[PDB]
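Structure record follows, encoded as structure tokens.
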Amino acid sequence: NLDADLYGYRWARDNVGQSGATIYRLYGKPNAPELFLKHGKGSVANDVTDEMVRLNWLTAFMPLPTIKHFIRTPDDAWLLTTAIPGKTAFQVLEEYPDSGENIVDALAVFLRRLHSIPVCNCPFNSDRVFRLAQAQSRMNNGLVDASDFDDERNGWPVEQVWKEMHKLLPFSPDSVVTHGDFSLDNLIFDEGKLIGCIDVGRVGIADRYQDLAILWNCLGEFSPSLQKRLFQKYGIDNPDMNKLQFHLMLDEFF
Ligand SMILES: NC[C@H]1O[C@H](O[C@H]2[C@H](O)[C@@H](O[C@H]3O[C@H](CO)[C@@H](O)[C@H](N)[C@H]3O)[C@H](N)C[C@@H]2N)[C@H](O)[C@@H](O)[C@@H]1O
Ligand SMILES: CC(C)(C)n1nc(-c2cccc3ccccc23)c2c(N)ncnc21
Ligand code: NA
């Protein structure tokens, strides 16, 4: 029973997280760990279901939350997981601004690990043909947040982002297992160490720049040096600006 797993907890609601799911924090239970409960209704039920199976798969290879219980009915999905203790990379960077180089070094190592998983292990497709079709549909359904674009595209109609993006194509993918939202909010640090990642709903085979682009974008809030250091430590000396720009533009749609 979900009820059995939830008994005796205090409940909070967190406005946070990748999809439009409702996120609950369960805490304050004596002799019991903190948990998270994601609830997806309607279309969002699919997003939560997507995360569940990706968590179930990727846990063999990388440190992620542990699934405690999952339920799917036609219109609803409930995903109960353990909490990874600690703070986000973003939080720790703000708290220890002097540790930026160490934080990025750890992020590169972690990303290198993820990208070293042989793609023959991965039953999920997250390639650009798949994501572009997802983006087209989100745009057409009116779901794109046009207020949240990067500075380069501030005030751009979503249609212009779409058109301009297609001028970069095509390129041959350098396919690896990707996280899909490798941002500073989704990597968790605890006592100095990067100990896990969260929000794995977009995990699948894709170009390595899917992850590199999003993290590089985040680091741009802090330091051009930290952005360059990410590529350097990851093992890339000449960043592919076309692939970088493509993936930044694609993320505008999500
Ligand atoms: N709609 C839901 C999505 O919203 C955010 O994604 C958006 C980014 O945040 C935006 O970028 C802004 O925030 C960055 C730090 O995250 C800054 O570096 C950057 N300069 C900022 O423009 C980017 N333009 C679009 C991207 N879809 C969440 O991260 C993602 O999990 C969630 O699913
Ligand atoms: C459920 C979801 C994917 C959104 N998630 N979220 C976190 C998380 C981590 C660190 C600080 C937070 C602060 C406020 C809300 C959530 C968190 C988190 C976590 N640690 N462990 C597992 N899932 C987490
Ligand atoms: Na809209």
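Along the sequence shown, the residues carry numbers beginning at 1. For this deposited structure, the header notes the method as X-ray crystallography, 1.9 Å. Remember, it's 1-based here, ligands and their atoms both numbered in the order they're listed. Just the heavy atoms: all of them, side chains too, but no hydrogens, waters or symmetry mates, feed the values below.
Per the PDB entry, the macromolecule making the most contacts with ligand 1 here is Aminoglycoside 3'-phosphotransferase AphA1-IAB.
This structure shows the drug at ligand 1 to be kanamycin.
For kanamycin (ligand 1), the residues with heavy atoms nearer than 4.0 Å are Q18, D148, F149, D150, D181, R202, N217, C218, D251, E252, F254.
Shown in contact with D181 at under 4.0 Å from a heavy atom are these atoms of kanamycin (ligand 1), numbered in order with element: 30 (C), 31 (O). By the definition of a contact as any protein heavy atom under 4.0 Å away, atom 28 (C) of kanamycin (ligand 1) is not in contact.
The closest protein non-hydrogen atom to atom 5 (C) of kanamycin (ligand 1) is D148 OD2, 4.1 Å.
Atom 33 (O) of kanamycin (ligand 1) has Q18 O, 2.8 Å as its closest protein atom, hydrogens excluded (heavy atom only). Short-range neighbours of kanamycin (ligand 1) under 4.0 Å, ligands and ions only: none. Atom 13 (O) of kanamycin (ligand 1) is not flagged as protein-proximal [any protein heavy atom, distance under 4.0 Å]. Protein heavy atom nearest atom 3 (C) of kanamycin (ligand 1), with residue, atom name and distance: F254 O, 3.5 Å. Here the protein heavy atom with the shortest distance to atom 21 (C) of kanamycin (ligand 1) is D150 OD1, 3.9 Å.
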Between kanamycin (ligand 1) and the protein, which N/O pairs are shorter than 3.5 Å?
unit_1, atom_1, unit_2, atom_2, d
kanamycin (ligand 1), 1 (N), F254, O, 3.2
kanamycin (ligand 1), 18 (O), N217, O, 3.3
kanamycin (ligand 1), 22 (O), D150, OD1, 3.1
kanamycin (ligand 1), 24 (N), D148, O, 2.8
kanamycin (ligand 1), 24 (N), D150, N, 3.4
kanamycin (ligand 1), 24 (N), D150, OD1, 2.9
kanamycin (ligand 1), 24 (N), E252, OE1, 2.7
kanamycin (ligand 1), 27 (N), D251, O, 2.7
kanamycin (ligand 1), 31 (O), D181, OD2, 2.5
kanamycin (ligand 1), 33 (O), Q18, O, 2.8
kanamycin (ligand 1), 33 (O), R202, NH1, 3.4

